[PDB]
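What follows is a deposited structure in which one can find haloperidol.
Residue numbers start from 1 in every chain, and the chains themselves are labelled A, B, ... in the order their sequence lines are given, proteins ahead of strands. Whatever order the structure lists ligands and atoms in, that order sets their numbers, starting from 1. Below, all heavy atoms of this structure are taken into account, side chains as well, without hydrogens, waters or symmetry copies.
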Amino acid sequence: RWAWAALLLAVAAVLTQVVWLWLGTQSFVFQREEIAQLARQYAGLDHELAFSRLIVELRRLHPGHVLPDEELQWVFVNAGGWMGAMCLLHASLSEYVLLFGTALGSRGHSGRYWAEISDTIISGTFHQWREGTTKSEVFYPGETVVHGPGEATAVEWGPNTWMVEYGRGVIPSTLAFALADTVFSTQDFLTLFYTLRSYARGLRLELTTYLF
Amino acid sequence: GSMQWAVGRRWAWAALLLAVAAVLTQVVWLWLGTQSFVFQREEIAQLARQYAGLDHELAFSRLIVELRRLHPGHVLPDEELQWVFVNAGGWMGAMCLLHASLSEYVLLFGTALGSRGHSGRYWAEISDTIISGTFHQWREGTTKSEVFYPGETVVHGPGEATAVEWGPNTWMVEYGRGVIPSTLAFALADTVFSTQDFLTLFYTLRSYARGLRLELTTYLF
Amino acid sequence: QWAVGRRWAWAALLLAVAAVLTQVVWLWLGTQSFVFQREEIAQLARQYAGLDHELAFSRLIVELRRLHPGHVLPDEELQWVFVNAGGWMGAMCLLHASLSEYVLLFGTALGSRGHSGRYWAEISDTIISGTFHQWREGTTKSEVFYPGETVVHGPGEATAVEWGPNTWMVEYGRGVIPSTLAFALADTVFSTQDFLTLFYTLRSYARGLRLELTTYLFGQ
Ligand SMILES: O=C(CCCN1CCC(O)(c2ccc(Cl)cc2)CC1)c1ccc(F)cc1
Ligand SMILES: O=C(CCCN1CCC(O)(c2ccc(Cl)cc2)CC1)c1ccc(F)cc1
Ligand SMILES: O=C(CCCN1CCC(O)(c2ccc(Cl)cc2)CC1)c1ccc(F)cc1
């Protein structure tokens, strides 16, 4: 039975080599500049119509990578002491696209992610206070603010602020932050389930499109 | 030779046991049909809408007086009235509990600084009648918010979730019907995981205990 | 010579340990010394309020190092680190920290609101710039504080605090400092999950403790 462990580790090594080669040779569906430009073109419109136009355009530019209307749902998000709402359009293990915002405004922690985030503002204001600094910057509709991996900032969204977000990195690690206040502050298990279901629907779509 | 009108005593005993079993299992159900709420659903709102024109101090005092006059033995006395902090859903305010049962509660809530956060999903229906200030509500699934001013009442259905914002110096009365302990579970989340203010935990639990003691001593006398 | 009961000598040793512990606690309270006076940090920081908060912080650090050498962290150990607690978020820079005392620069460029925290310690805060809204427990009114003023937070008191944009202050705290650090990391653990900030805060406290120990044993 000593060779059974050798066979198990051999199969495991070949499988891990497959996984490594696949993770290495994977391309990305979206480009940061693509999402940024699509969101900047629609910043002048009201956020409802801008969301609609951007979703239609994303669907026509990358078919099979945008959730259908039957699976689009606004879901609240409580994290880092702030509260907003998001609608997920695309979600994989390495990429995500969503619409985020708040009609009341909010303030809190940006989150320390293993990913690169890009928020292009459709309406409102985005105040960012970078770590180690004593001043804050402000971003207005049409501008794009980037969150590098391992960075943490303080964030402040003014009333009626809405943006398009494109994240790229270790996506399953970000759920730990985005659901922290849902577990320990709001105890909103229904919203937790809705978020997990949106993520799973995005994964399902990506898998079926990759398999055809 | 047995008369067809007689009844065996053991069968009669067992049949009376079955009869009391059925009668008890039937009248236990009617307890959920004879449910009596101490306050009407819109009574608290129509009561507080009258004192909205005054400052919150005098308004609270006169409303407490009138509520004691209307429902004697159902409002906590001046000895047990206490302002305690409430940290929940990422917002912070203060409450003063006037009535508390396992299915109903009434309190004076508000904030002198303003706050924002998550309303919470309760197994209960909440009603907030504004005495002073502003109340901003952002319902789930929408991308817009509504504002409520003194005199108006905001109704929060069971299972609903909204984002909320209280401006500076907002004060309201509040009435709630449903599983009150489940809502107390939410009202103490940030007190445990954010503020660590165990004295506030003790204060809120003591207010609830005083309300329950008053509701039980009124039922017995 | 005679014997003592199994419960007799037990209660006798209980009383002996009680006497020893009580008199030792009293002896420790008698020998308690504080590096900074109760109103020293506030008086010193009020002199720099109104200036640019950067210039004020630099001059205050220089002055504190001049007045108490060996009790202020060196430049290579000063670091701005975020703090998330009671629903509010800001940034701190620790200048002095032991088991009984601490001195820091606190503030936020965005403003925040939350729970002050209930401590076993007396905490004074002298505003360098910005605004400080306070709401005391049991009241329905709030008091505003402007630069130059000092807000005192007594042991066991709990208030609702609000900092306006670009609010910066100097803070001196005296009491059970570990119990205040416990509150200082609540949201960092259960809300932000920023383990790097947790490490930074604990490392700053450890550096303050190390400096205090070295100066106590070797005299700065
Ligand atoms: O919703 C999220 C979490 C992103 C929050 N999202 C990132 C950080 C943010 O706070 C930010 C701060 C500073 C900067 Cl510079 C840029 C972005 C904006 C909001 C999510 C995560 C996983 C998932 F499957 C679905 C949704
Ligand atoms: O703390 C509470 C619950 C009331 C919170 N109180 C109601 C919900 C609230 O979040 C709300 C938001 C929006 C709307 Cl529309 C209505 C109500 C505002 C604060 C409590 C009170 C007494 C008790 F024994 C146990 C718990
Ligand atoms: O404990 C802390 C974090 C200070 C937060 N610090 C708490 C009190 C504060 O929140 C406050 C509230 C109300 C009032 Cl009135 C005044 C001050 C201000 C900020 C610490 C930091 C470094 C260290 F090495 C040891 C301990």
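The chain with the most heavy-atom contacts to haloperidol (ligand 3) in this structure is named in the PDB entry as Sigma non-opioid intracellular receptor 1. Other chains contributing a heavy atom less than 4.0 Å from an atom of haloperidol (ligand 3): C.
Residues contacting haloperidol (ligand 3) within 4.0 Å (heavy-atom distance) are C:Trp88, C:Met92, C:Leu94, C:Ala97, C:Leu104, C:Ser116, C:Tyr119, C:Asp125, C:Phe132, C:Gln134, C:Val151, C:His153, C:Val161, C:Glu171, C:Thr180, C:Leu181, C:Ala184, C:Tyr205.
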